[PDB]
Chemist: 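Lab note: structure loaded, ligand of interest is 1-deoxygalactonojirimycin.
Just so we're on the same page: letters track the sequence lines, and every chain starts at 1. Read the numbers this way: they start at 1 and go in the same order the structure lists the ligands and their atoms. Displayed portion only: the contact tally does not extend beyond what is shown. Hydrogens, waters and symmetry mates are skipped; everything else that's a heavy atom, side chains included, is used.
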There are 2 protein chains.
Amino acid sequence: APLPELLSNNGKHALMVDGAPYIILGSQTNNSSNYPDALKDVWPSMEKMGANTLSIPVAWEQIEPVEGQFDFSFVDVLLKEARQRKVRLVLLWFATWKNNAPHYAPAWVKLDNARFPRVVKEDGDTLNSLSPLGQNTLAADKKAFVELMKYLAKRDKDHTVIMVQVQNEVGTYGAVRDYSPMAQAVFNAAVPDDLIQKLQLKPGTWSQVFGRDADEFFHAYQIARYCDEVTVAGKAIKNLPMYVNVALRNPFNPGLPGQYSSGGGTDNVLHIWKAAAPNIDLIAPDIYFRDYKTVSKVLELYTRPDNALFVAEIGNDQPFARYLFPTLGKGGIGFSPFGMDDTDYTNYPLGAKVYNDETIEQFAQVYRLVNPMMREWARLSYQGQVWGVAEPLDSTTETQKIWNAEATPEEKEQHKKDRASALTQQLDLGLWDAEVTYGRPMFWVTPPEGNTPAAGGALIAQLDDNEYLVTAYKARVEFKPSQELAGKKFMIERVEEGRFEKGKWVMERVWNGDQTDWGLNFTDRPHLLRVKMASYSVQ
Amino acid sequence: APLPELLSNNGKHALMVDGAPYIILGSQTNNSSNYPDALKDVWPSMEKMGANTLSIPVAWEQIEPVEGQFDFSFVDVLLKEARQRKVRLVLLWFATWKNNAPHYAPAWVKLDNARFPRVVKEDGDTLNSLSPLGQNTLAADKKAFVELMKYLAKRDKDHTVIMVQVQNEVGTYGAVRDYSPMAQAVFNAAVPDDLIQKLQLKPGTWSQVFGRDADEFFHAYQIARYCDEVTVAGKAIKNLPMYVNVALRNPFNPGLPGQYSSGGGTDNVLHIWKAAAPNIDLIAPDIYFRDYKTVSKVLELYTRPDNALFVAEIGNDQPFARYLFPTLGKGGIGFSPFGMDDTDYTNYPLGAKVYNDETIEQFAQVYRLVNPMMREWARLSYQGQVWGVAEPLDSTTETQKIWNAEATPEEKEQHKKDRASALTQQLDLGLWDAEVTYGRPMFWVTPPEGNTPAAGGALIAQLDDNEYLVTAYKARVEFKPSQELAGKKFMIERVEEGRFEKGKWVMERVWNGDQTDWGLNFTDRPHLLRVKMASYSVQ
Ligand SMILES: OC[C@H]1NC[C@H](O)[C@@H](O)[C@H]1O
Ligand SMILES: OC[C@H]1NC[C@H](O)[C@@H](O)[C@H]1O
Ligand code: NA
């Protein structure tokens with residue numbers, strides 16, 4: 001089988017797996033599930049979820065517990081169990097940084113500051129975050145990572161592991177950069193030529209060329225170089241796609257670097273990361289903002305002609321499930337909810353308060369829409385035109401439920417009109433437009449009021465000028481001409497519900513009558529439709 | 001087996017099936033269930049309901065997807081599966097009109113307006129409703145319908161299919177008639193002689209003879225002729241009963257034609273339809289009005305010496321179930337709730353908000369009263385005297401629950417009296433009268449307060465001068481002399497609960513004592529009674 005690879009062309013991207021585009025319908029374990037005994041608490045969630053790919057840590061501490069004495073017993077069990085369950089793997093290399101810190105590095109690393117130095121604050125105090133200028137640290141991380149890749153090269157010939165995450169949420173909390181003498185010497189020196197060339201800047205020292213951004217851009221650059229070197233060394237052994245994941249700053253109201261994780265691939269340093277680390281395939285957002293506007297903004301910032309969108313982590317509470325739709329609609333290669341196992345942990349308030357079948361089912365229900373067409377969607381999402389939307393009002397707050405209750409009948413009617421309008425999305429599909437609305441009956445035209453809780457969305461792919469592939473969830477999708485018809489009329493020509501078998505469309509039934517009079521109405525159950533529109537002459 | 005046929009005699013009617021009267025205890029699928037793959041979501045509901053007859057579409061688009069290339073693969077599967085389940089079929093020919101529009105006509109029909117022309121408004125705009133004056137449209141519909149009938153002639157010798165509906169809810173929304181030049185020419189001309197003779201009118205042009213009703217009567221007449229020609233051609237192949245179903249106007253407050261579907265068999269044009277389409281066996285109301293008075297009025301309007309009553313569609317929400325009783329009481333030949341399948345659709349607000357076992361059970365419970373005596377009831381309903389009533393107050397409406405709560409103890413007592421009186425119905429059964437009351441204990445005489453929700457009803461057939469067949473549901477039925485007795489007394493002589501086996505009555509037990517002291521009290525469980533009354537001398 002050909003190696004997995006990330007392709008980028010015409011500003012679009014595909015994760016190739018076994019020689020064709022692939023979508024990661026993912027799940028990630030909790031942080032302490034990377035042991036053989038924990039896997040029995042992982043697989044059942046994955047099965048219930050319908051996930052095709054598991055993201056799970058492989059820790060430097062577990063593979064090199066004593067320097068030079070490697071142990072791949074976990075990776076062995078993991079590969080074998082994944083294959084038995086017919087799922088793929090993304091391994092998360094928890095090493096120099098996990099959430100800014102070295103807790104997953106071996107004891108002989110994290111307890112030897114002299115050999116493996118920490119970031120020093122401007123005031124001289126030390127933080128528990130390893131400096132990217134530590135050359136011994138880099139050499140050691142690199143050597144262990146290379147051994148892991150050698151294990152895969154020798155023992156995973158069919159590429160059960162399809163991607164590797166290098167480190168986990170790199171950066172530093174509590175300072176902007178390393179201010180140690182070692183780091184200060186490099187900061188005071190000239191900005192490297194390659195970076196100056198790539199950003200088309202005037203040469204100089206860090207402070208000269210970057211000014212108020214020098215400290216942060218420096219930390220970002222040095223971390224990016226470190227991760228790039230690890231990535232290169234591993235890829236020289238087996239050239240799997242590799243990526244880094246970002247502890248995000250709020251894109252609207254970030255606060256200061258150091259409050260957020262300074263030096264990671266935050267939106268303001270993506271240009272530094274892309275220049276510094278050309279061997280890292282993509283930079284992936286970790287999404288735990290619950291609210292639609294902020295999530296939408298993150299998706300927009302991380303989807304670029306030079307950056308495939310991969311939602312490497314997202315919260316596992318109910319409101320997050322619907323963000324699958326815009327993720328895929330942006331041409332995303334994957335989506336991976338965090339903490340999908342029964343090892344007695346919840347990261348509430350980030351995720352679900354309780355982990356149970358209902359938690360899982362919120363994601364299972366949206367995965368069921370994509371699984372039946374995964375390869376076909378993946379191809380259209382690289383080579384063609386796709387769209388995806390989610391229900392754009394968050395669930396109504398208690399504060400808003402009180403403001404609603406004390407309103408004035410004229411204010412209530414007006415608020416309902418405003419909500420209806422906000423819950424109506426328009427998409428330009430070329431000759432045809434779609435309108436997506438949320439939370440209304442399947443019959444007649446009473447205006448949308450939203451689902452409770454917010455949960456809906458829709459996917460659309462263009463198959464031809466007048467033909468679209470459509471599936472949606474707790475929503476209505478309606479089609480109309482994109483531009484005025486010169487005395488013509490229009491209608492739905494045909495809607496077929498069906499499936500793909502061996503890449504061929506098989507029709508199950510035609511939607512007509514009630515099922516197409518009031519748009520195309522979807523509940524929680526999966527239906528995949530091919531919709532053919534027609535304008536026709538009446539002259 | 002003899003062909004099914006609709007008999008009419010002495011102002012009464014019977015649907016003959018296999019040589020004897022038959023009652024359709026029906027169910028109708030949702031509009032997009034007319035495919036082999038959907039049938040697995042249809043049969044279980046039918047079984048749970050206890051229905052004996054399934055109404056399901058056969059679409060022109062599916063049988064003639066390319067002109068001249070016929071495909072009966074769906075009809076084949078459907079016939080075979082129906083027979084395996086030992087049920088009968090009513091096929092619904094979705095063709096030139098389905099709900100006023102051509103969406104179920106093939107693409108080569110509906111997208112070719114030049115060949116198959118649409119209704120043109122008085123202002124020159126075109127509506128998506130095919131004109132009944134289109135001669136190509138008629139020929140093409142007729143040809144396909146004839147092929148369907150040929151399929152049944154050759155492949156359904158035992159008449160699994162017992163009746164065919166020609167079109168579905170014909171007419172036009174948004175205009176009263178076709179105002180195209182083609183139509184305007186026929187409108188300006190003389191009203192056809194046969195119509196002038198049949199309605200005993202003075203000859204003239206449409207506007208002269210009909211005045212303010214000309215536009216609507218013209219559309220009705222032209223549609224009726226079209227449907228009659230299709231019907232005749234099909235019957236020449238196999239002479240099954242055939243009917244049309246009506247998108248009803250509100251009989252008390254109709255609004256204007258075009259707001260309602262103009263040209264269909266609405267109550268104000270039944271005379272036009274009966275004169276124009278003598279080959280169509282009956283005109284069937286589609287009932288979605290929820291309230292007792294309006295439903296009752298519809299049943300009254302559509303039950304005529306020249307029109308067998310068939311409730312071809314009724315809403316599937318709980319309040320509609322009880323209308324089975326007055327339907328059968330009027331000598332109706334059948335009753336068919338709409339949307340009885342699990343294909344992920346509800347026509348709420350017309351039907352039930354959620355489709356589940358409870359939805360089905362509301363109809364199952366009333367069908368269980370009739371199924372055990374279906375052939376016996378059908379014969380009595382043609383040859384004899386039958387009666388049927390439903391609970392005449394709709395379920396109490398929130399607004400009324402508030403008005404009741406803020407009343408004055410004298411106003412509450414008075415309201416309760418008024419309700420009790422409204423919930424008491426009197427029936428003249430010849431020598432004996434019955435009084436039916438709803439929502440009271442099975443013992444003693446506390447006045448009726450109604451069921452919650454409204455749900456009760458009763459069926460009575462006369463077996464002899466003093467003997468009646470009775471079954472009822474969430475109601476009390478009491479008998480008394482119809483005439484003052486000349487110094488005689490009366491009593492129940494005997495009440496037997498039982499069943500029919502090979503057309504013979506088999507007694508299970510005698511109701512007496514508590515069971516007959518306070519009338520005949522019925523809950524949700526089925527009991528079929530023979531009630532013999534007696535007057536006796538005490539002189
Ligand atoms: O549960 C919080 C979550 N935050 C993001 C990190 O990448 C994850 O490992 C985890 O710590
Ligand atoms: O669900 C509404 C119902 N209205 C009446 C039509 O005859 C049916 O086919 C269906 O459209
Ligand atoms: Na456009």
Chemist: Report all copies of 1-deoxygalactonojirimycin by ligand number or chain letter.
Modeler: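 Counting every copy, ligands 1 and 2.
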Chemist: Tell me which other chains have a heavy atom under 4.0 Å from 1-deoxygalactonojirimycin (ligand 2).
Modeler: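 Heavy-atom contacts come from A, B.
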Chemist: Hey, which atoms in 1-deoxygalactonojirimycin (ligand 2) end up nearer than 4.0 Å to a heavy atom of B:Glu169?
Modeler: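 Those atoms are 5 (C), 6 (C), 7 (O).
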Chemist: Is 1-deoxygalactonojirimycin (ligand 2) under 4.0 Å from a heavy atom in the side chain of A:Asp517, in the backbone, in both, or in neither?
Modeler: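 Neither; nothing of A:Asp517 gets under 4.0 Å from 1-deoxygalactonojirimycin (ligand 2).
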Chemist: List every atom of 1-deoxygalactonojirimycin (ligand 2) that sits less than 4.0 Å from any heavy atom of B:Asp286, numbering the atoms from 1 in the order shown and giving each element.
Modeler: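 Result: 7 (O).
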Chemist: Under 4.0 Å from a heavy atom of B:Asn347: which atoms of 1-deoxygalactonojirimycin (ligand 2) are those, numbered in the order shown and with their elements?
Modeler: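 Going through 1-deoxygalactonojirimycin (ligand 2) atom by atom, the ones under 4.0 Å from B:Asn347 are 1 (O), 2 (C).
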Chemist: Among all protein non-hydrogen atoms, which one is nearest to atom 7 (O) of 1-deoxygalactonojirimycin (ligand 2), and what is the separation to 0.1 Å?
Modeler: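 Here the nearest protein heavy atom works out to B:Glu313 OE2, 2.7 Å.
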Chemist: I'd like to check which 1-deoxygalactonojirimycin (ligand 2) atoms, numbered from 1 as shown, lie under 4.0 Å from a non-hydrogen atom of B:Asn168.
Modeler: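 Near B:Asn168, the atoms of 1-deoxygalactonojirimycin (ligand 2) are 6 (C), 7 (O), 9 (O).
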Chemist: Please state which protein non-hydrogen atom is closest to atom 3 (C) of 1-deoxygalactonojirimycin (ligand 2) and give its distance, to 0.1 Å?
Modeler: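 Ranked first by proximity to atom 3 (C) of 1-deoxygalactonojirimycin (ligand 2) is B:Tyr288 OH, 3.6 Å.
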Chemist: What protein heavy atom is closest to atom 11 (O) of 1-deoxygalactonojirimycin (ligand 2), reported as residue, atom name and distance in Å?
Modeler: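 Answer for atom 11 (O) of 1-deoxygalactonojirimycin (ligand 2): A:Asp514 OD1, 2.6 Å.
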Chemist: Which neighbouring residues and nucleotides define the binding site of 1-deoxygalactonojirimycin (ligand 2) at 4.0 Å (non-hydrogen atoms)?
Modeler: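 The site of 1-deoxygalactonojirimycin (ligand 2), heavy atoms only, is A:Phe443, A:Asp514, B:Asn31, B:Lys98, B:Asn99, B:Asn168, B:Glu169, B:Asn245, B:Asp286, B:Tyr288, B:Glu313, B:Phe338, B:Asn347, B:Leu350.
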